[PDB]
*Asks:* 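This is the structure I have questions about; it appears just below.
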Amino acid sequence: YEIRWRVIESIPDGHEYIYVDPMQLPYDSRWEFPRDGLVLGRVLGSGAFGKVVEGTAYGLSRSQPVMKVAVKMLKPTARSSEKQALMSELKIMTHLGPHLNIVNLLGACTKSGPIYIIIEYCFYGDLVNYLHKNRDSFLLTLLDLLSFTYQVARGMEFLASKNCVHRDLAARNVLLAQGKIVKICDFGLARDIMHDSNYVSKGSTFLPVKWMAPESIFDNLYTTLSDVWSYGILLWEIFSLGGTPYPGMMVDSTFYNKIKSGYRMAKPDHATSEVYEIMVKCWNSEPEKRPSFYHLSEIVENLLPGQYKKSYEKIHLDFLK
Ligand SMILES: Cn1cc(-c2cc3c(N4CCN(c5ncc([C@@](C)(N)c6ccc(F)cc6)cn5)CC4)ncnn3c2)cn1
């Protein structure tokens, strides 16, 4: 190809070194959970082709013989396109490993019918409804907002270390667990970073434009660095207490023109000067200049009381006992 500026730089030293593709890896049978040990209850989120329901699981844990869970599944209206994606989503989760700030996978029903993905249940729901619920009380506290901001930073650091690009980081995809523990969810659009080069076929039809970095919209480039842009948008959501990004702006020619020119959202009412600067660094137009998720945690860690780090580590270690 003759136009070299349109070729993205591609990174393998010798034939001995291969990319471990999680899509190609075997399914550990220990994830399997009999379908007749799962009762399905109320819907937790739904869409045209799928839903997440609350479930009770009997005998999934030795600690909790009757345990509340969530269950990701497809509707009858879903086609084979949605069926292959849910499978690949299960593949990404079985190989990620567990983390304190991820809605962890507990099991799956893969053997007979449609796929069920069984995930831990988060008592408080998503961060957008939670922040709407508490708006009047705030005016929750400010430290809570910082704590949410740190935990997502650690969650994302864990994902990027596994070379996993989330591609839909947003407040609607942050849940709150029993001890005000923040959990990232929805790996439907998640891809390994080497996925787009090795098995090239994509075409998600509807995208979260207002959360996406310029090079993701315009060039279909998804990296950890475009996740960091989304993390900036997530921060704006949290400190506007559940606000809609770019409020009053339709996504159109002029919107894309504005973002490309350097337009950015103004500071939200409940963000400090220092916290707005984090969102600004996150929306740098040159992706390589955005801060890393490790660096972001270190910045946000400074904004929290000194003991928080020690207590957060105590929760974290305990979770993996
Ligand atoms: C009021 N309240 C609510 C909760 C709550 C809510 C969750 C939860 N979520 C629910 C939202 N999610 C979600 N919704 C839709 C999709 C789809 C439509 N795109 C989809 C579904 C299936 C499919 F195969 C493909 C696509 C995906 N995911 C998951 C996270 N998970 C755990 N606990 N929990 C607890 C608690 N109080």
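The residue numbers of chain A are those assigned by the PDB entry, with the residues present covering 555-565, 567-694, 790-971 sequentially. All values below were derived from every heavy atom in this structure, side-chain atoms included, with hydrogens, water molecules and symmetry-related copies excluded. We count ligands from 1, going down the list as the structure has it; atoms in each ligand are counted the same way.
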*Asks:* Looking at ligand 1, what drug do we find there?
*Replies:* avapritinib
*Asks:* Name the main binding partner of avapritinib here according to the PDB entry.
*Replies:* Platelet-derived growth factor receptor alpha
*Asks:* Is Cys677 in polar range of avapritinib, meaning some N or O pair under 3.5 Å apart?
*Replies:* yes
*Asks:* Considering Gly602, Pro669, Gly600, which one's heavy-atom position lies nearest to atom 18 (C) of avapritinib?
*Replies:* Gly602
*Asks:* Give the UniProt domain of chain A with the most residues touching avapritinib.
*Replies:*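 Those residues are mainly in the UniProt domain Protein kinase.
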*Asks:* Which residue in chain A annotated by UniProt as active site is closest in heavy-atom terms to avapritinib, and at how many Å (rounded)?
*Replies:*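 The closest one among UniProt active-site residues, measured by heavy atoms, is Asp818, 8 Å.
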*Asks:* Which one holds for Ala633 and avapritinib: side chain close, backbone close, both close, or neither close, with close meaning a heavy atom under 4.0 Å?
*Replies:* neither
*Asks:* When you measure from atom 31 (N) of avapritinib to each heavy atom in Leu599, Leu825, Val658, which option holds the nearest one?
*Replies:* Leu825
*Asks:* Could you tell me which atoms of avapritinib, counted from 1 in the order shown, lie closer than 4.0 angstrom to a heavy atom of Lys606?
*Replies:* 21 (C), 22 (C)
*Asks:* Counting each atom of avapritinib from 1 as listed, which ones have a heavy atom of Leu641 under 4.0 Å away?
*Replies:*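 In order of numbering, the contacting atoms are 24 (F).
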*Asks:* Please indicate which organism the PDB names for chain A.
*Replies:* Homo sapiens
*Asks:* Side chain, backbone, both or neither: which part of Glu675 has a heavy atom under 4.0 Å from avapritinib?
*Replies:*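 It is the backbone that touches avapritinib; the side chain stays farther off.
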*Asks:* Using non-hydrogen atoms of the residue, decide whether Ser601 is closer than 4.0 angstrom to avapritinib.
*Replies:* yes
*Asks:* Which chain residues come within 4.0 Å of avapritinib, judged by heavy atoms?
*Replies:* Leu599, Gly600, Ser601, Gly602, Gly605, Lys606, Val607, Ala625, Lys627, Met628, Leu629, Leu641, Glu675, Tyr676, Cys677, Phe678, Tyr679, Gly680, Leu825, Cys835, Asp836
